[PDB]
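Accompanying notes for the structure given below.
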Amino acid sequence: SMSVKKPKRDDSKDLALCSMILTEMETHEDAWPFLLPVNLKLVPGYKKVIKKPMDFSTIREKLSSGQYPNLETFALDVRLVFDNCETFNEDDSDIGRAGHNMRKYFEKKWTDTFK
Ligand SMILES: CC(=O)Nc1ccc(O)cc1
């Protein structure tokens, strides 16, 4: 509360660490469905169904231009990519399996890096 503070966690390296994690996700062999935005003009259903599209290139642009106020807002956009993928794709599809794999990959990096 007013004039009563928790000890300050060192967040000075957060931007650099999130960038390293994103680089590792960009270079994963299963990253190909998530590198660029889904083409809303060529994929039926996607625009109406998926209310907040997100992809790695869009996350990279936001990270590079100061659009994440903190760690957690970054993780929210990464998870959104995989939540969108589950909504639109069957678990037993190539893109469906890719999404499950990349989510597992991310969450281990997230825990190891910040927890
Ligand atoms: C991330 C994603 O769902 N991509 C995607 C899914 C189906 C399709 O026909 C074209 C692209």
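Since chain A takes its numbers from the PDB entry, the residues it shows come out as 1856-1970. Atoms within each ligand, like the ligands themselves, are counted from 1 in listed order. Side chains are part of it too, since the values below use all heavy atoms of this structure and drop only hydrogens, waters and symmetry mates.
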Exercise for the section: Name, as UniProt does, the macromolecule that ligand 1 contacts most in this entry. Expected result: Bromodomain adjacent to zinc finger domain protein 2B
Handout entry: Identity of drug at ligand 1, options ulotaront, tegafur, paracetamol
Key = paracetamol
Exercise for the section: Output the list of atoms in paracetamol that are nearer than 4.0 Å to some heavy atom of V1893, sorted by atom number. Expected result: 1 (C), 2 (C), 4 (N)
Practice task
Name the residue and atom that form a covalent bond with paracetamol; answer none if there is no such bond.
Solution key: none
Problem - Test of proximity, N1944 against paracetamol: N or O pairs below 3.5 Å - result: yes
Problem - atom 8 (C) of paracetamol [closest protein heavy-atom partner, distance rounded to 0.1 Å] - result: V1898 CG1, 4.1 Å
Problem - Contact atoms of paracetamol, heavy-atom distance to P1888 under 4.0 Å - result: 1 (C)
Exercise for the section: Look up the UniProt domain of chain A with the most contacting residues for paracetamol. Expected result: Bromo
Problem - Nearest-neighbour protein heavy atom for atom 5 (C) of paracetamol, which is reported as residue plus atom name and distance - result: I1950 CD1, 3.7 Å
Practice task
Write out the binding site of paracetamol as chain and residue number, heavy atoms closer than 4.0 Å.
Solution key: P1888, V1893, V1898, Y1901, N1944, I1950
Show me a pair-per-line table, with atom names and distances to 0.1 Å, of protein N or O atoms that are under 3.5 Å from an N or O of paracetamol.
residue, atom, partner, partner atom, Å
paracetamol, 3 (O), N1944, ND2, 3.0

